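Quick look: fondaparinux on TarM.
Here chain A follows the PDB entry for its numbers: 1-493, in order, are the residues you see. In each ligand, atom 1 is the first atom listed, and ligand 1 is the first ligand listed. Just the heavy atoms: all of them, side chains too, but no hydrogens, waters or symmetry mates, feed the values below.
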Amino acid sequence: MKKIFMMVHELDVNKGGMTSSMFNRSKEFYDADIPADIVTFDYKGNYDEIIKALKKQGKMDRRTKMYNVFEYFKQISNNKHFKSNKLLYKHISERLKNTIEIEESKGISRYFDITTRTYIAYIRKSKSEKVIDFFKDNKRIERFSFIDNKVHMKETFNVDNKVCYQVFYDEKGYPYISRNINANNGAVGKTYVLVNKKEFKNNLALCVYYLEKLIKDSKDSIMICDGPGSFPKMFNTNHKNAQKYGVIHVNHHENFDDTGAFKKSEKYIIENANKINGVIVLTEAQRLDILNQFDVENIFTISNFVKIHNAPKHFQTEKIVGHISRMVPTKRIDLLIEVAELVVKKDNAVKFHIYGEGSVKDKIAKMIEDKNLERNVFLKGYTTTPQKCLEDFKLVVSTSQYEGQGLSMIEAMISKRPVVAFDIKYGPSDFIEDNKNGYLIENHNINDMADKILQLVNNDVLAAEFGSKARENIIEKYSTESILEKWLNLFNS
Ligand SMILES: CO[C@H]1O[C@H](COS(=O)(=O)O)[C@@H](O[C@@H]2O[C@@H](C(=O)O)[C@@H](O[C@H]3O[C@H](COS(=O)(=O)O)[C@@H](O[C@@H]4O[C@H](C(=O)O)[C@@H](O[C@H]5O[C@H](COS(=O)(=O)O)[C@@H](O)[C@H](O)[C@H]5NS(=O)(=O)O)[C@H](O)[C@H]4O)[C@H](OS(=O)(=O)O)[C@H]3NS(=O)(=O)O)[C@H](O)[C@H]2OS(=O)(=O)O)[C@H](O)[C@H]1NS(=O)(=O)O
Ligand SMILES: O=c1ccn([C@@H]2O[C@H](COP(=O)(O)OP(=O)(O)O)[C@@H](O)[C@H]2O)c(=O)[nH]1
Ligand SMILES: CC(=O)N[C@H]1[C@@H](OC[C@@H](O)CO)O[C@H](CO)[C@@H](O)[C@@H]1O
């Protein structure tokens, strides 16, 4: 009866909390006999390989389907032919016939016509990927992109060598979508779906049509929008019965802002709460802040579902401080390096294991070296097994300035690893009980945080006691039953 469609930009293998919560939410709805699938809107040439990898890793439940806008029309297109598009491949081969090949490296080569003496093509082969750039009067006109020698995309270039047009090709090499690209901002213009002879004014129009085709207009159909920038796709559909929910995963205020500004995407979701079935926030404090600040009522608090597995059989007695996150500015890993410097200057035995990848990773690497912490702080890369990494840590640290909730802190507490976190909006004070299951540090206070890490790393009994109470607190306050009943209460009203 009930079926759920959870919307986000894309799915990939080295992501953070938002997709992690969608994957766990899907598992919980399927266990309660409610199919809950993921709808994505990006274009990938190898989506089938991403899905298999996420499922093999155990991140994505085997029952979770991913519905993708390009995949839907590509699959319709695949059914149209039996034979591969031999003529497109013959056309490409003919344009390279009667040329001079000039090799630059392995995989890289250039082609010059024997008669016109001019530069025809550039080919770059790396692994399973191939790119063929064609030229006219020493200017790049087009690029054909291949995966396992099969064309998947053609891009056209303007005078400034910027993308002005794209064509997507199915599994047999036939075009199924063609679209204009505004080279000034990279936005998608008029899109033509060759397979059904339908044209759309832009990508949002295509995505709105797609959702109306995918999701039947029944009260049993439930749309949950997780990706904030994706909210207009769900919001603009013509559904009269299907339910619409927006989940806000972050602090709705603008990050690194003293003017009090609100994030644009989240502001649009909140302001439109009364026009949909509900806008979900992860903590009670955010719901109250929103209600005080905005003229809306449809704000509901529903925590992320929590996966309570078995606690690691042994406590880490070694001075290992862990940190598992997306390496992004809001996590303030620079403050963690500054804290590490203080902890290491009072105790040189304490190790800091930092997992993840992101924009700040290089800045942080240079920062450890400049502070000469290369013997104590280790950038361990992304982990597909955070639960196993958690066993190696004595405690976990959070210098993050903004959260919606904080699954890594919650995950550490489930593995009996106490958290030392800056008391920020939102999340830490909901689950950390200061001096009972961890420590809540006054925001920016790097000295008091360094002091609490030192007390904790050098006290085996306190570290074990805090961790034990931490798992107990999560089990008690984040039951799957109460969270599922909160969602069911909305779906049934
Ligand atoms: C006239 O042009 C002007 O308006 C149009 C829209 O109006 S129109 O309909 O009249 O044409 C604007 O075009 C639209 O918006 C563009 C844009 O916002 O850039 C663009 O949207 C697409 O691309 C965005 C960027 O993609 S990215 O892959 O390069 O980042 C994308 O938004 C991004 O979403 C990701 C995400 O959710 O994955 C965000 O990343 C964040 O979350 C990740 C996942 O979380 S997790 O925890 O790991 O699981 C994290 O990994 C990541 O660290 C984190 N980044 S962080 O900074 O928050 O820490 C990322 O920040 C976003 O940028 C869009 O996805 S969406 O869900 O937001 O919709 C995506 N839309 S899609 O292609 O349809 O999927 C498009 O060109 C267009 O989108 S639209 O929906 O088709 O309308 C146009 O820009 C504007 N030009 S302007 O006026 O000059 O500014
Ligand atoms: O190397 C890494 C880094 C992050 N994560 C996961 O990404 C999520 C991060 O969640 P959180 O809410 O703490 O922060 P967010 O990424 O949403 O900003 C957690 O479930 C982590 O286990 C992971 O699996 N491996
Ligand atoms: C930094 C931040 O606010 N992250 C939140 C969010 O992640 C997604 C964020 O990338 C979207 O831009 O979602 C997680 C799961 O709900 C929260 O636990 C987490 O706090």
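- Counting every copy, the structure places fondaparinux at ligand 1.
- Of the listed residues (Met18, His9, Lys263), the one carrying the non-hydrogen atom nearest atom 75 (O) of fondaparinux is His9.
- Atom 18 (O) of fondaparinux is never approached by the protein to below 4.0 angstrom, counting heavy atoms only.
- Closest to atom 72 (S) of fondaparinux by heavy atom, among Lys233, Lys15, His249, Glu10, is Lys233.
- For atom 3 (C) of fondaparinux, the choice among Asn185, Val250, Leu407 with the nearest heavy atom turns out to be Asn185.
- Using a 4.0 Å heavy-atom cut-off, the binding site of fondaparinux is formed by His9, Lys15, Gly16, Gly17, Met18, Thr19, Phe41, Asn185, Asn202, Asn203, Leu204, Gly229, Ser230, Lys233, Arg326.
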